[PDB]
Amino acid sequence: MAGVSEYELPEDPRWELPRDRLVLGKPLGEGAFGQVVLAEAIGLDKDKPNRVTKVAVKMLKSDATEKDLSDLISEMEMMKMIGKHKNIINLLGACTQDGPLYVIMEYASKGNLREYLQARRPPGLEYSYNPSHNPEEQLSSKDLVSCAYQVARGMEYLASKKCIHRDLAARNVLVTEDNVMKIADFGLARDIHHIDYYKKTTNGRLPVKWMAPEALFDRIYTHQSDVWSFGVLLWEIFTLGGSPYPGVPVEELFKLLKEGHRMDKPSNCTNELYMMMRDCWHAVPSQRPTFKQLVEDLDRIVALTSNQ
Ligand SMILES: COc1cc(CCc2cc(NC(=O)c3ccc(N4C[C@@H](C)N[C@@H](C)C4)cc3)[nH]n2)cc(OC)c1
Ligand SMILES: [Mg+2]
């Protein structure tokens, strides 16, 4: 709420970047946690100080409170501890001085995995209609499995760093210009207050369709609860950005999950891959597979899956 000049942002010479080295551009997306723009960083790598690098600059909004600021700092600080993996949105730098707080991150040009897939839906009948006015080339059967594999390695890494996402979804997986899957919003701080269940997001998405039952009833988040969400993500992949539990309302979702209701297999999906979803959707958290296993299985499947 107060001016940023009245606080003490953490300065870290390893990550700190002069504001005159950033060329801001068009917005990329808004949210309850703040604004993200496309930007150009000059001399990010200072082995190449005359290099420009396309980056994503995340920042607070006009209405941002002192809570929102602390969350953005904590998000930046934890990404440092977690470390670097190819398949996550990495920290590149930050502007903590001479102005508002900027957190510079890797830039994914092709948006999130949901809209990525929806814009590459073939006009057949096994999927719903392509909602994009700029449809791209459809993905092969191995591109989809490989897409799922990369999300697993990212989550496997986060798991090894004792990181729990608590909201793993296709909307939280970004895609670069080289079609690399990068997991996002893994560094967000968990709220101390009780969270609503009919609280749609900025994009109008219910986060309860990705929650594990234990995280839904007892609010218990573990690595296994993220494995549950990975099953839902897998479902989104092979439905090409489909929406989980179609026709099932929110208030009835709590009952049917308890009764053992699961989603049906998507049209174009192998039994093996659906079996993987079911293992993730196990009612017993300790019987769900680990990401280590999920990476082992998917890697084998990718080898067997065809491009043709
Ligand atoms: C609100 O803080 C963030 C920050 C991040 C990490 C920083 C980041 C953001 C991005 N990228 C985009 O935000 C982006 C890029 C292209 C988009 N599109 C527009 C679409 C219509 N056409 C598509 C062809 C491309 C749409 C969105 N990279 N790194 C992720 C995030 O997620 C949950 C939220
Ligand atoms: Mg969202």
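We number each residue from 1, following the sequence as shown. Counting starts at 1 for both ligands and their atoms, following the listed order. No hydrogens, no waters, no symmetry mates; every other heavy atom, side chains included, goes into these values.
As PDB records put it, the drug at ligand 1 is AZD4547.
The chain in largest contact with AZD4547 (ligand 1) bears the name, in the PDB entry, of Fibroblast growth factor receptor 1. The shortest heavy-atom distance from AZD4547 (ligand 1) to a UniProt active-site residue of chain A, with that residue, is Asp167, 8 Å.
Most residues around AZD4547 (ligand 1) in chain A come from the UniProt domain Protein kinase. The shell of residues around AZD4547 (ligand 1) (heavy atoms under 4.0 Å) is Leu28, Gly34, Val36, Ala56, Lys58, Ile89, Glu106, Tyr107, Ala108, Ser109, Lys110, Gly111, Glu115, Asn172, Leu174, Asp185.
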